[PDB]
A.B. asks: 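Following this message is one structure expressed as structure tokens.
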Amino acid sequence: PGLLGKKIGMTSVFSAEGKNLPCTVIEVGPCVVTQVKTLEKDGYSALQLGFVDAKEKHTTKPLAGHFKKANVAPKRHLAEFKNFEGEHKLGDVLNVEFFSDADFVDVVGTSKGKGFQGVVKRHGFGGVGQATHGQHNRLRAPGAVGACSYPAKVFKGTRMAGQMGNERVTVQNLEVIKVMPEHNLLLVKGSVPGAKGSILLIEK
Amino acid sequence: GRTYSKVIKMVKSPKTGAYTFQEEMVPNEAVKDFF
Amino acid sequence: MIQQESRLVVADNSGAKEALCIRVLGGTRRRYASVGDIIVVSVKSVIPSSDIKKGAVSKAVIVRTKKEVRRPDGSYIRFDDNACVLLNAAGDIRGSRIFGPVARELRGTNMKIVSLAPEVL
Amino acid sequence: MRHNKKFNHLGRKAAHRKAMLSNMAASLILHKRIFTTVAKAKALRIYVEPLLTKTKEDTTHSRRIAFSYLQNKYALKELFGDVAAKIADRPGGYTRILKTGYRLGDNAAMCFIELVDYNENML
Amino acid sequence: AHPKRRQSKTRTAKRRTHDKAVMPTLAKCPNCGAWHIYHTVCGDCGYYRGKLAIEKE
Amino acid sequence: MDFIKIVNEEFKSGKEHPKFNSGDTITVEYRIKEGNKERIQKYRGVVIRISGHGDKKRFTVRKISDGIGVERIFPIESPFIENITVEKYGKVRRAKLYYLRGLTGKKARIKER
RNA sequence: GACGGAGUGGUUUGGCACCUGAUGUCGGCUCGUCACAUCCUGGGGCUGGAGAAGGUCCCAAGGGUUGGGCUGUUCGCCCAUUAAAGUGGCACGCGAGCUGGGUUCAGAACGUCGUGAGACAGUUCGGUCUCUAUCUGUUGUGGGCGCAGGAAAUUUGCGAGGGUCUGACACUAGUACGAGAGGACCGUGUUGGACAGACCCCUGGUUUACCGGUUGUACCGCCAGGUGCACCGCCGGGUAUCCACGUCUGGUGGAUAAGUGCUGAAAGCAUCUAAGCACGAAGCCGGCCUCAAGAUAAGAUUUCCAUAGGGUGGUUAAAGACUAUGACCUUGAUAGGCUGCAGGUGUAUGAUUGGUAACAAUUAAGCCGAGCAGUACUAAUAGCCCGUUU
RNA sequence: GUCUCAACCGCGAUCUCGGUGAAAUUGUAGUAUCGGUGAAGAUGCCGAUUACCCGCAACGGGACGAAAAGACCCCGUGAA
RNA sequence: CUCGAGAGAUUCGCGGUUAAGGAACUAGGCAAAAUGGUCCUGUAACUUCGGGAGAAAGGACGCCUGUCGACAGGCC
Ligand SMILES: C=C[C@]1(C)C[C@@H](OC(=O)CS[C@@H]2CC[C@@H](N)C[C@H]2O)[C@]2(C)[C@H](C)CC[C@]3(CCC(=O)[C@H]32)[C@@H](C)[C@@H]1O
Ligand SMILES: [K+]
Ligand SMILES: [K+]
Ligand SMILES: [K+]
Ligand SMILES: [Mg+2]
Ligand SMILES: [Mg+2]
Ligand SMILES: [Mg+2]
Ligand SMILES: [Mg+2]
Ligand SMILES: [Mg+2]
Ligand SMILES: [Mg+2]
Ligand SMILES: [Mg+2]
Ligand SMILES: [Mg+2]
Ligand SMILES: [Mg+2]
Ligand SMILES: [Mg+2]
Ligand SMILES: [Mg+2]
Ligand SMILES: [Mg+2]
Ligand SMILES: [Mg+2]
Ligand SMILES: [Mg+2]
Ligand SMILES: [Mg+2]
Ligand SMILES: [Mg+2]
Ligand SMILES: [Mg+2]
Ligand SMILES: [Mg+2]
Ligand SMILES: [Mg+2]
Ligand SMILES: [Mg+2]
Ligand SMILES: [Mg+2]
Ligand SMILES: [Mg+2]
Ligand SMILES: [Mg+2]
Ligand SMILES: [Mg+2]
Ligand SMILES: [Mg+2]
Ligand SMILES: [Mg+2]
Ligand SMILES: [Mg+2]
Ligand SMILES: [Mg+2]
Ligand SMILES: [Mg+2]
Ligand SMILES: [Mg+2]
Ligand SMILES: [Mg+2]
Ligand SMILES: [Mg+2]
Ligand code: NA
Ligand code: NA
Ligand SMILES: [Zn+2]
């Protein structure tokens, strides 16, 4: 179970024990239950939540009929979480106090996009040779890609250049520093994937 | 020392029917809960 | 941040003056040694008529580094040089006096250095 | 990567790029409208609008600061004369870019940039 | 480095599947009635978004 | 709204200190611990750098002790700082005094203001 | 474990001469992948195993398996570590991937042989490593059509890939065992090293945005004040972004192997097996993370249409080679500007007053502000096309 | 910054668009994988396996890739 | 300097900076960094008596005031 959040930024705080802690500020805003999924109809049990208020100009008619059925204000983001405890129904509202009993959380996000990257940065390759001592033009090269006539091919899973980042990433067991119900704010120790303003899933 | 103790009970098994062996290591002041 | 081939000042009255790090102990590819770490050195130079000899192999403990050291309270400390103190086979120090400041990290490793140092941090 | 690098190098070295932006700005102050490419005109907008904002504080320091950019005394004479009076009430957005088409020789996107307070038909 | 074989007619034509001239994005001018590229000033009349932009002699 | 600014206010630590700039000579009363005994250990030197944002600045103070240079970085909001007193008001022409690392006595002296 | 004997393999030296109008060769670098005949870590049987430490054999390939001195070296010797510094195959893996120290061209010299031209179970100094990737292969990223009407979302997971390491201390306990020296199993805990992922609050780096000092010289008609050029002229700083040297997080029931047994006959006894049954590994499968319905077997759910929904276009981005993706397009804060603020630099131009002067103090510092907040001033026209909309 | 061990910055090349436009190479090709077989090292044979149609960027394992009628080695009642 | 315009991936060419360490790189310090000017001090072994030698190692250097290139005071 969990809620949807928005990454705000990082800062550092001093604890009561007198330690300097890096913290990440997340706005785990109010989430409405937009659809209840059950065994007998869907094959599994889960809750679909909606997070960011959306204007009607930005909501298509199929999605408008989706929120109107649940009788809630239309939302911009939708996600599913499982294994709750309390049997929330359509149109209920959840908030940061859900985590007021939580010691650690998981944060799922999308990492920053690096674009197309070479083997040195994508996979940490050593590079060919030195910068001097007869080096010509293979300073950031991958080297050999396989053996000779047997195999006579490049194996699947060979590490090469390509797109790096902009992908789903999970960070586990983040210590909760404080919950602020007034501002829908959650404080966790450490860093989380993604740029400022990105949408995060926080699992209890 | 005196920070745990070993507890064993035997439960019948649906796969076969004969008694298996259940084992753990719980702190000394918790076996009465287990048994 | 001391590694193999680094040269350190010898900061006790053991007779040695300059030392060269041969190995950072405690791990297969342990790259660097900080304050309070144990290293193996060769003595590169000595004062005339000293006890230890030039070219001897010895264990030592780092007391000062140029790279700043982080503390859990958010403070840092750095020094103008890298310095160590020679130790004997039984783990004790081979000298009487310590010259210059030493870091507070050694309060958890060796009380002999801290007791007889002019200042800690 | 170029995350959050907010200025166009325009395919030129830094000294070349600064010289072109300064020559172009002088041309816009002297001739109220000039025709150029779209990428060059969008880069001039970020360059010339703060310079036109300096004529709201008519002092020796403002004129000299502006002159350190243009280095052209006819542009300074026009900028702090007729151009200053026309824009005295507008809160930014002194210039306008309108696209026109493509060049014959390299198919470059073309446009015109002008001072808004000198175009009567668009007011 | 070198082609082992010349390509057949079929293989060459299959690659050229994605070689297409791009069509302009055209619109009619509400003043002139002439074709012009959307989001540009009509070169015939000089108008743009209902207002005169390039008074042409 | 602004959430970093809310958090910084809720987790405010430390006490007010008198203002000082780079090139000033200050004494830091720092609280240390050794065998469950708390005592204050003075550290006096010249401020060579201040960096950061707002109430979260960090300053670097340098002193020469027994002929060895020593540098300490202090968070301004730390609860371990008891007092800051300014001994001398220095006179410098720049923000960062990294050049004092290469000057010995009679050449590292700073004019008063 | 002698004297002897039977096999297996094809990584050594050979034997044969079957492929070759050219099938690049030693060592190293880079990148790996596979085997197990296992170096460490896991599980066992025996011991000439008191304990501790070993010896030997069996099961086990999940992960891991150092840096230097000498040498072209492989290999070795040595130094210091480590839990350990495994053995092999892949054209003695890998030169359209690198190098070119060695070998094996033309110069020269030594020893040696030859009358000599020259030569070497030898030695020594020097001596050009070519090619714009067609097919396939591999890593990424799109276009079309399909999915039994068309669409906007949320999904299950058939399966695939990734991940899998390990030390040292404390207590139990100076106890069991042992005249004694020494010194445990089992079980709780506390802290490290290496590796990987994400991130930029901190430390540190960059920062041809920016600010300042300064040399030479030429321009803005002159002075003062600026600017061009000299590697960004040189020097000192430096936000955002990108980073590591930084910070945070991670390596989490079933069926078995070698083995241990219960009950128990064939075979009156014996027997873990023949009928049954209880155990038993870092290994297998689940569990963790990512992808994943072209899974043509093309799945499921909610809603819309039969103006649903899109394309082209525009302002743009922490998204990006081109694409694709995200936000916004006037009943709009998408970008710039403007107005303030965090911030960088470090006290401007002028004007007084000091000083004989070079200079200095007052007065607002001045400039910049890739970040933040507000604000329609500028640019975002529903025009055209498929099936009311920006 | 030779390296531990790399990080960042600038221009030129690179990528996209407009204009012009070669070359080496080429029996025909709708040119997948594994093991086997085989002029004894297989895209093309056998048995299985996997794979909707068509591009772009990037890297070099194979096509005993390209170039040059092997200089080594032997042979010719060859040559200098 | 007879092709341009955009954009600002990988990679290459030519350049710039870099914490801590400082030849651990490599066949080999290859390449790069470092030194560098004028004047005043001071210069070893060895030597064919010429040299070695610019051996090595040190110090001063801008502007203003006055005094006889130098001296002293002052300024950044
Ligand atoms: C020229 C032939 C090469 C490049 C190399 C050849 O090496 C030799 O000929 C060593 S002799 C040497 C030759 C040059 C003379 N100037 C001096 C003399 O000393 C070598 C290693 C083999 C022994 C024969 C086959 C081979 C293909 C596979 C391979 O590994 C190659 C042939 C076909 C290859 O094209
Ligand atoms: K093959
Ligand atoms: K920065
Ligand atoms: K705005
Ligand atoms: Mg990106
Ligand atoms: Mg490297
Ligand atoms: Mg070369
Ligand atoms: Mg090169
Ligand atoms: Mg094409
Ligand atoms: Mg073989
Ligand atoms: Mg051939
Ligand atoms: Mg085995
Ligand atoms: Mg080989
Ligand atoms: Mg080659
Ligand atoms: Mg090859
Ligand atoms: Mg010869
Ligand atoms: Mg030579
Ligand atoms: Mg080459
Ligand atoms: Mg920051
Ligand atoms: Mg910093
Ligand atoms: Mg000039
Ligand atoms: Mg220049
Ligand atoms: Mg010139
Ligand atoms: Mg029986
Ligand atoms: Mg509109
Ligand atoms: Mg360029
Ligand atoms: Mg073209
Ligand atoms: Mg075969
Ligand atoms: Mg085959
Ligand atoms: Mg060939
Ligand atoms: Mg021939
Ligand atoms: Mg460095
Ligand atoms: Mg340094
Ligand atoms: Mg070496
Ligand atoms: Mg080496
Ligand atoms: Mg050189
Ligand atoms: Na002879
Ligand atoms: Na701004
Ligand atoms: Zn018209």
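Quick note on labels: first sequence line is chain A, next is B, and so on, each numbered from 1. Whatever order the structure lists them in is the order used to number ligands and atoms, beginning at 1. Method of determination (from the header): electron microscopy, 2.6 Å. Partial entry; contacts are within-part only. Values reported hereafter were calculated over all heavy atoms of this structure, with side chains retained and with hydrogens, waters and symmetry mates removed.
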A.B. asks: What would the PDB label the drug at ligand 1?
C.D. replies: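 Answer: lefamulin.
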A.B. asks: Just wondering - which macromolecule does lefamulin hug the most here, in the naming of the PDB entry?
C.D. replies: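 It is most in contact with 23S rRNA.
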A.B. asks: Which other chains make heavy-atom contacts with lefamulin shorter than 4.0 Å?
C.D. replies: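 Chains with a heavy atom that close: G, H.
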